[PDB]
Amino acid sequence: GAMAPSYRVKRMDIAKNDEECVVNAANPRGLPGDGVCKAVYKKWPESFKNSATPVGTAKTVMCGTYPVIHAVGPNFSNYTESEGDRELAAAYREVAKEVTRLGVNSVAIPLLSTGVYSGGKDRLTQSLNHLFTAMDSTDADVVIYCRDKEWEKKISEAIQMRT
Ligand SMILES: NC(=O)c1ccccc1O
Ligand SMILES: NC(=O)c1ccccc1O
Ligand SMILES: [Cl-]
Ligand SMILES: [Cl-]
Ligand SMILES: [Cl-]
């Protein structure tokens, strides 16, 4: 575990992270995808061997010895708000199990279901709160990656508020 487990946020490409493993915002079929998923495919293409996994789950594939945790958030275009909320919470609980199993001291994580899978809604708070619910009981250093300057400030505020 980390000596003093923390949350941090950085506004940069998750493919350039400084952590011991990465969470991919994957699609269920293990396809190259868009946004985070396409950056992860360019950086760690070997980790897409048999990465397909259902919505609400996470499947880890090694790229060399570097673990890529493929986490499948729901597409809110297809799910009801209620069922989508349930699957989004479940994906993050499976990420926490994988981070724990791997015995890593740090993890790079995007906000699941906030891009193409958001169904055109702002889900920063919804996705971040499910991330905290899952990861608060883990002792890894968590580093959240985002692109938007206003999202960086809002994620930083939410982290700082809890202390
Ligand atoms: N400003 C950027 O280029 C950037 C920042 C965060 C994530 C992906 C990116 O391409
Ligand atoms: N490559 C990225 O990390 C990125 C790309 C799109 C949106 C958010 C992100 O953090
Ligand atoms: Cl960058
Ligand atoms: Cl997304
Ligand atoms: Cl963002």
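Note that the numbering runs from 1 along the sequence shown for the chain. Side chains are part of it too, since the values below use all heavy atoms of this structure and drop only hydrogens, waters and symmetry mates. All ligand and atom numbering here is 1-based and tracks the order in the structure.
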Top contact chain of ligand 2 - most pairs under 4.5 Å, UniProt: Non-structural protein 3
What's the drug at ligand 2? salicylamide
Which chain residues come within 4.0 Å of salicylamide (ligand 2), judged by heavy atoms? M12, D13, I14, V36, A39, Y145, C146, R147
Within a distance under 4.0 Å of any heavy atom of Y145, pick out the atoms of salicylamide (ligand 2) and give their elements. 10 (O)
Salicylamide (ligand 2) atoms in contact with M12 (distance to a heavy atom under 4.0 Å): 3 (O)
For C146, atoms of salicylamide (ligand 2) separated by under 4.0 Å from a heavy atom: 10 (O)
What is the overlap between the ADP-D-ribose-binding residues UniProt gives for chain A and the residues having a heavy atom closer than 4.0 Å to salicylamide (ligand 2)? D13
Which organism is on record in the entry as the source of chain A? Chikungunya virus
Protein contact of atom 8 (C) of salicylamide (ligand 2) - nearest heavy atom, named by residue and atom, plus distance: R147 CB, 3.8 Å
Could you check which UniProt domain of chain A holds most residues near salicylamide (ligand 2)? Thanks! Macro
For atom 1 (N) of salicylamide (ligand 2), which protein heavy atom lies nearest, and how many Å away is it? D13 OD1, 2.9 Å
May I ask you to identify the nearest protein heavy atom to atom 3 (O) of salicylamide (ligand 2), giving residue, atom name and distance to one decimal place in Å? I14 N, 2.8 Å
Short N/O distance, under 3.5 Å, between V36 and salicylamide (ligand 2)? no
